[PDB]
Participant: 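Here we have a deposited structure with equilin present.
Chain A is the first sequence line, chain B the second, and so forth, proteins listed ahead of strands; every chain is numbered from 1. FYI, side chains are in, hydrogens and waters are out, and symmetry mates aren't considered; it's all heavy atoms of this structure. Counting convention: from 1, in listed order, for ligands and their atoms alike.
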There are 2 protein chains.
Amino acid sequence: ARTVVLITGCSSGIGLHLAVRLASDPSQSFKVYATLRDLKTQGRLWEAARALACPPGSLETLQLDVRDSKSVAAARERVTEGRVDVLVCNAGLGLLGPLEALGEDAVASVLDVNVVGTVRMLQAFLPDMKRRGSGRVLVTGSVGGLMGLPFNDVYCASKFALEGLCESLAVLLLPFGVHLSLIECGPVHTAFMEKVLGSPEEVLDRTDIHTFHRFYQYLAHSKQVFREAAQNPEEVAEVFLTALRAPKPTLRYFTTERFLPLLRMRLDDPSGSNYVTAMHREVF
Amino acid sequence: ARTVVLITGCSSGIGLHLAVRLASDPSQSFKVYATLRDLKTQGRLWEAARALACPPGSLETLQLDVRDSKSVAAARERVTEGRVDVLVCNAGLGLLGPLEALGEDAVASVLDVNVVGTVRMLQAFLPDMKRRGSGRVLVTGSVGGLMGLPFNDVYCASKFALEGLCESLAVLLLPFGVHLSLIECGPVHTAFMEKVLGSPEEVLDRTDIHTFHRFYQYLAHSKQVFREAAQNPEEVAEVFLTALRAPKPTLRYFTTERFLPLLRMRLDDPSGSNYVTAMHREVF
Ligand SMILES: NC(=O)c1ccc[n+]([C@@H]2O[C@H](COP(=O)([O-])OP(=O)(O)OC[C@@H]3O[C@@H](n4cnc5c(N)ncnc54)[C@@H](OP(=O)(O)O)[C@H]3O)[C@H](O)[C@@H]2O)c1
Ligand SMILES: NC(=O)c1ccc[n+]([C@@H]2O[C@H](COP(=O)([O-])OP(=O)(O)OC[C@@H]3O[C@@H](n4cnc5c(N)ncnc54)[C@@H](OP(=O)(O)O)[C@H]3O)[C@H](O)[C@@H]2O)c1
Ligand SMILES: C[C@]12CC[C@H]3C(=CCc4cc(O)ccc43)[C@@H]1CCC2=O
């Protein structure tokens, strides 16, 4: 039994690099359980693990589908240590395009995986972290949870929710000695954006010409803004570590300092109209 | 034909008061379409209608439950005027209790009804609104959407979600000529909130003695604040009018100023920890 860490969505991006960063730590103090929605996807994980010579006994891959309470509790009973000190809610789905262009199923999944799942992860672990009176939880934050971005309604929705689920919980947990931290990310080189963008071409068939133009117009800005500050998933894991070490973690950590002006100004405007203006005359 | 309004969840409270205040308006300008999850409950709606002397034809009820796109779809094809100049997304439910004490069917229902349902509506009316190049969208806000409240994890989760859903939409919507704005309200004279009396063993047989205690103490504080801050839908509906009247309404209307200093605090702290301290000290 050492610092037992249970992380979700370890198949790629931040969930992978993190699992291996923690597991391969030179102070061999982290015993990580990298969970995966689907195990068949644990190749690149193991490959990296080997690439770092991440010592025997530290990383045990486990399967965990966030949109399944059955799948979650079982992956919990499989924690031989019988305790989790750090839980990391990381799984998540993206969604882009004209709101009217998405579908009900699509929308449900995003909120299903990104929010409810975070609830299942919490519901199953927090109890035990509470009677114990010690524990740490980390949730992969996002800009879209602190501000609104065009054609990112449902994702910014799923991420704004997490701000809610966490902050309210953070309150009650104060005397409980359990710790909640939202790692607020920005763009980052992960499997996340490399496919979710789908195919911008089909959109025109479920929207008006004026939005479609604006959808590509956003895409073009997106792609430029990404290849300007998309941080390395390793750089991002670094923040997860600094929170972990903090004796008294804060409600949130920020991986990039670029979105902090938009936020600052945004908070100086309660009606939210100065923000909407800026953000708009920024994307387009 | 005149200002057509389609209000969702008018069965009671805010939804019923705005419906009738509009229909029975002096200028007899608004043609209200009060929508209900289940038509039976329109009894109390009509009572207020009658009471308010809403002329014949300025208010016709339709049935539609935002958790069934087939329903929503129908409700729009029932708006004989061919247009909806004012769309109001107001239905939705609350949820209180220790996160672990809640059920999945429950945590789901709230998310599926407060966000998805709001999305379904938008996906239905927003288009024609855009092609018209004229529109008005009112969504019932909340303080839980602006800040986290203990034992209100899932609800504030669903509420914060509307902040992003709408805020992001708003940004795209800027040039289109349609307007989206939330009505950030606080505790009002509504059954649910003032009728939170019970705390069954169901809660007890599903949380730890430490949380159990912080649960009731919450309710006690919550009953007090309500007894001293609860706003009756009456004023709240008055706010909705204030909004739709302004040539260019802002992204956020506040029915009460009682919480502005609390969120004011929120502003000056990126770590979100000053608040978690404050709002805990203030709840417990
Ligand atoms: N970096 C980003 O742009 C970014 C921004 C803000 C926050 N974070 C967060 O961390 C996540 C991953 O982002 P990333 O950028 O690291 O890219 P990513 O490529 O999506 O990496 C994580 C993904 O989460 C998984 N996942 C998806 N659905 C799941 C389900 N039902 N159950 C369990 N796991 C599931 C993984 O497996 P599968 O491929 O098998 O689905 C996976 O690739 C979140 O979705 C979230 O947005 C990332
Ligand atoms: N006022 C509050 O404390 C408050 C605070 C912030 C924001 N708002 C927002 O607007 C709502 C209502 O608050 P209120 O204070 O007016 O009282 P309320 O009693 O909840 O009024 C609106 C209600 O939503 C309905 N609804 C429920 N499930 C539905 C479904 N599945 N499909 C369609 N409609 C459904 C109504 O019909 P049925 O009874 O037949 O279900 C109804 O009375 C939201 O839930 C939300 O919190 C209210
Ligand atoms: C929200 C986000 C960070 C911010 C980024 C994103 C989308 C659009 C966008 C637009 C901006 O003007 C500045 C930054 C970003 C990312 C999508 C995934 C993510 O975490």
Participant: I'm trying to find equilin in this model - which ligands or chains should I look at?
Facilitator: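 All copies together: ligand 3.
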Participant: Which molecule here shares more close contacts with equilin than any other chain, as UniProt names it?
Facilitator: 17-beta-hydroxysteroid dehydrogenase type 1
Participant: Identify all other chains that place a heavy atom less than 4.0 Å from equilin.
Facilitator: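 The other chains in heavy-atom contact are A.
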Participant: Which residues listed in UniProt as NADP(+) binding sites of chain A come within 4.0 Å of equilin at the heavy-atom level?
Facilitator: none
Participant: Which substrate binders in chain A, per UniProt, sit with a heavy atom less than 4.0 Å away from equilin?
Facilitator: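 Those UniProt residues with a heavy atom under the cut-off: A:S142.
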Participant: What is the listed source organism of chain A in the PDB?
Facilitator: Homo sapiens
Participant: If you look at the UniProt active-site residues for chain A, which lies nearest to equilin, and how many Å separate them by heavy atoms, rounded to 1 Å?
Facilitator: A:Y155, 3 Å
Participant: Report any other ligands and ions found less than 4.0 Å from equilin, or state none.
Facilitator: ligand 1 (NADP nicotinamide-adenine-dinucleotide phosphate)
Participant: Okay, heavy atoms under 4.0 Å: who's in the binding site of equilin?
Facilitator: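 On a heavy-atom basis, the binding site is A:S142, A:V143, A:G144, A:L149, A:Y155, A:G186, A:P187, A:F192, A:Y218, A:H221, A:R258, A:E282.
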